[PDB]
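Pictured: Choline kinase, co-complexed with decamethonium.
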Amino acid sequence: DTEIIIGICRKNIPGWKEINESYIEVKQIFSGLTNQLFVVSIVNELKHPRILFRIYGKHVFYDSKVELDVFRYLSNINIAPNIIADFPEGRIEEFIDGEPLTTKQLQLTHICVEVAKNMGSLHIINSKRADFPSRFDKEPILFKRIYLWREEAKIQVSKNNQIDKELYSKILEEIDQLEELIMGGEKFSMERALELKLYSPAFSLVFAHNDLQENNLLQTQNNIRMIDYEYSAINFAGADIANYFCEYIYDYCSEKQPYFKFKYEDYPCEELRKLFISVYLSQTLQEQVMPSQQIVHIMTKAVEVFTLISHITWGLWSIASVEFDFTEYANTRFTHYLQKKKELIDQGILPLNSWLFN
Amino acid sequence: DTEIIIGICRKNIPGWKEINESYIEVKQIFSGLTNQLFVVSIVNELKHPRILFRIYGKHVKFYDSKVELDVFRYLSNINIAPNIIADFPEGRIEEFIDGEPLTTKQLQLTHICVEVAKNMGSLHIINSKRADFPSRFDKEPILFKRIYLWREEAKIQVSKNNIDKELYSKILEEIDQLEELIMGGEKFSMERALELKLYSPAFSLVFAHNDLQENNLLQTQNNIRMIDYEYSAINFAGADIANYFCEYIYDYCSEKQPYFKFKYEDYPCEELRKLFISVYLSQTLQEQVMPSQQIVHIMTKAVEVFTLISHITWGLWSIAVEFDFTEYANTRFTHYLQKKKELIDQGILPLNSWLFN
Ligand SMILES: Nc1ncnc2c1ncn2[C@@H]1O[C@H](COP(=O)(O)OP(=O)(O)O)[C@@H](O)[C@H]1O
Ligand SMILES: Nc1ncnc2c1ncn2[C@@H]1O[C@H](COP(=O)(O)OP(=O)(O)O)[C@@H](O)[C@H]1O
Ligand SMILES: C[N+](C)(C)CCCCCCCCCC[N+](C)(C)C
Ligand SMILES: C[N+](C)(C)CCCCCCCCCC[N+](C)(C)C
Ligand SMILES: CCCNC(=O)[C@H](O)[C@@H](O)C(=O)O
Ligand SMILES: CCCNC(=O)[C@H](O)[C@@H](O)C(=O)O
Ligand SMILES: [Mg+2]
Ligand SMILES: [Mg+2]
Ligand SMILES: [Mg+2]
């Protein structure tokens, strides 16, 4: 109801108390996937002329308590959109007014390096902040999430309501080797993890966004801002970066089925990647890091490995009223996993143990 | 007078009307050089909780206050410069950009370096990509006019006899050659400029900041902002870029004579400079430009020549409260020679020995 949202807004949003409802417009947006979102603006020419009204819907092994807990922190250290009012059934957020980057704009060098700078600022919070919540899992999520979403997929598949059983089946086999592949012949341990960090900040443990795609990067007047932290959690730095690199391939701004376009060749070239990683490290390490340095050369090729984590994760996720062909999209991510793995091999990036330690 | 500043603030700043005077603090800052600046804050925990109160002072012969104000208001209106909350004949109320100034060392940091290149690019394109760009702003570059204008202001001061006469004298001789050196064997002309642009965006005519040093770059929560546009005006893109590069050398945060430190070797390395212009070009051109590409290899070399404009402009400016303007001048002059000497030894000069090949 509009009047109920307007009453809630004038009561809780500083400055809105005395504003007549006739100057307030509530307009629901349906670009979301779970919650009821509204942009509430003041139409008469206030620190907050526009706000984002979020009402929690029921989400499709998902824990809403942890996601909210993480968001409130990020909101408090001023990374995520500011929280103006916070209640059980929803919240009032600062409206980040800007245009979401396009898939093509990612190719632009000035845009690329700004995101790498932002990702870096977000990554270091778990090691450079005294106020970092201790209760947040200190272990990477990449594997847990995959196993968790793998099981959700099975359930849906058994629901049998049209997937490429041959591809899907091969992916289920690959998952068994997935840890050895990322950890270079060894299964995951916090031990293996700390040792790997010694070789490349790619295996550094950071607080990752985990879904930093172009539609989650808003281009404001003076900067680009990140949104949608629903998948944010500690993870290998390389995982988060490789995922961003992958979104270079997927354009979700299509109006005809399957309602997304993909171009494998669009995956960012090696030079662009190195510029990204140089700026990233300059940010996380606070020192002059440039593409010609060996820490970049190593990390760039290491980050390539984590690209498979992205294709598999969002594949299973895609399987686990709005226009999107989730099944066809999963087929694509899986397809690209196979392809990328062949490339990493032919390029000598896989297996890790054949170069990383030399 | 505090009370007077607070009256003007409460009356003109949205939301401040009913705020009690006891919640407002006016504290004057003295980092400036000409005007009376105040940071007015609401000490009780508003769109504008802090503002900048600027009172216009009398500027030190050919200075034009009307053109500067005219240019600032436009920049403020298109949201690049600090917002203007209230604008009157004797001063303004500015949006207070709350952030810390960059340090001279911080410029070396790659992530910082590329944000300024991006920011510079956004500012540079306003003369070609904005329909509302004022037609009344000079369309010619200012580099030479300024050097000549300030040369004459220097003459005056020198005669006032109150400096290194051997260097100063050599510098005056070099100026006569300056146009040919920058335009590759020719004196300046608009058509000569249009021709040069075809060879490198270094000779592109843009709206330059012209004094983009670390102290004019403030780090906010989410980005680095540019301030102090009193020298802004059309110019060769390369000049503005080469000036930023030069500031890598000079640190004005020193409290002992001569109140500034300098390290010639701190000039940004070639790789960093290329990183800079790649990001710059991508912003101005809106395409994927990277250090590998030829357009960069060439512009970066061209940009190196404009460094001499920077050393000379500010050396003269220095001649024309704690600061030793005389020693600073000797320094920029000493570096002009040193740099010009290196440019020649590197084959960068003269431009006509390569640029057109
Ligand atoms: N704080 C905000 N400011 C501006 N736009 C927002 C904000 N939050 C969401 N949006 C818009 O709506 C979308 C956010 O949806 P999302 O939070 O992903 O919904 P759901 O939680 O249902 O997945 C973004 O793509 C963006 O376009
Ligand atoms: N809008 C602003 N917000 C925050 N700080 C400012 C603002 N304007 C000026 N300052 C600070 O005041 C200093 C002096 O400003 P400037 O305009 O150079 O003074 P002057 O015009 O007297 O030279 C700047 O270096 C900057 O640190
Ligand atoms: C974008 N517009 C507004 C046109 C519509 C968005 C429709 C939902 C997007 C489908 C989910 C794909 C996301 C894939 N990952 C999670 C990998 C980003
Ligand atoms: C940083 N603090 C506030 C302590 C010094 C401010 C006053 C320093 C005097 C200006 C020095 C000349 C500037 C040279 N150019 C114009 C080339 C930057
Ligand atoms: C194209 C819209 C962007 N969406 C996403 O990144 C996620 O898949 C979205 O569904 C979400 O739940 O955040
Ligand atoms: C060190 C701060 C001063 N920097 C400058 O470029 C000048 O002071 C300029 O701001 C001026 O006011 O002339
Ligand atoms: Mg969403
Ligand atoms: Mg994408
Ligand atoms: Mg400097």
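A, B, ... follow the sequence lines: proteins, then strands. Residue 1 opens every chain. If you're wondering, the header gives X-ray crystallography, 2.3 Å. Only this structure's heavy atoms are used, side chains among them; waters, hydrogens and symmetry mates stay out. Counting starts at 1 for both ligands and their atoms, following the listed order.
Copies included, the model assigns decamethonium to ligands 3 and 4. The letters of other chains with a heavy atom under 4.0 Å from decamethonium (ligand 4) are B. Close approach of decamethonium (ligand 4) to B:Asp211 is summarised as follows: ligand atoms under 4.0 Å from at least one heavy atom of the residue are 15 (N), 16 (C), 18 (C).
Taking every non-hydrogen atom of B:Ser31 and a distance limit under 4.0 Å, the qualifying atoms of decamethonium (ligand 4) come out as 3 (C), 6 (C), 7 (C).
At a 4.0 Å cut-off, not a single heavy atom of B:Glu322 sits close enough to decamethonium (ligand 4) to count as contact. Using a 4.0 Å heavy-atom cutoff, B:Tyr259 is absent from the residues neighbouring decamethonium (ligand 4). At a heavy-atom cutoff of 4.0 Å, decamethonium (ligand 4) is contacted by the side chain of B:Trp317 but not by its backbone. Using a 4.0 Å heavy-atom cut-off, the binding site of decamethonium (ligand 4) is formed by B:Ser31, B:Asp211, B:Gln213, B:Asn215, B:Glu247, B:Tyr252, B:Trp314, B:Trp317, B:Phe323, B:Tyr328.
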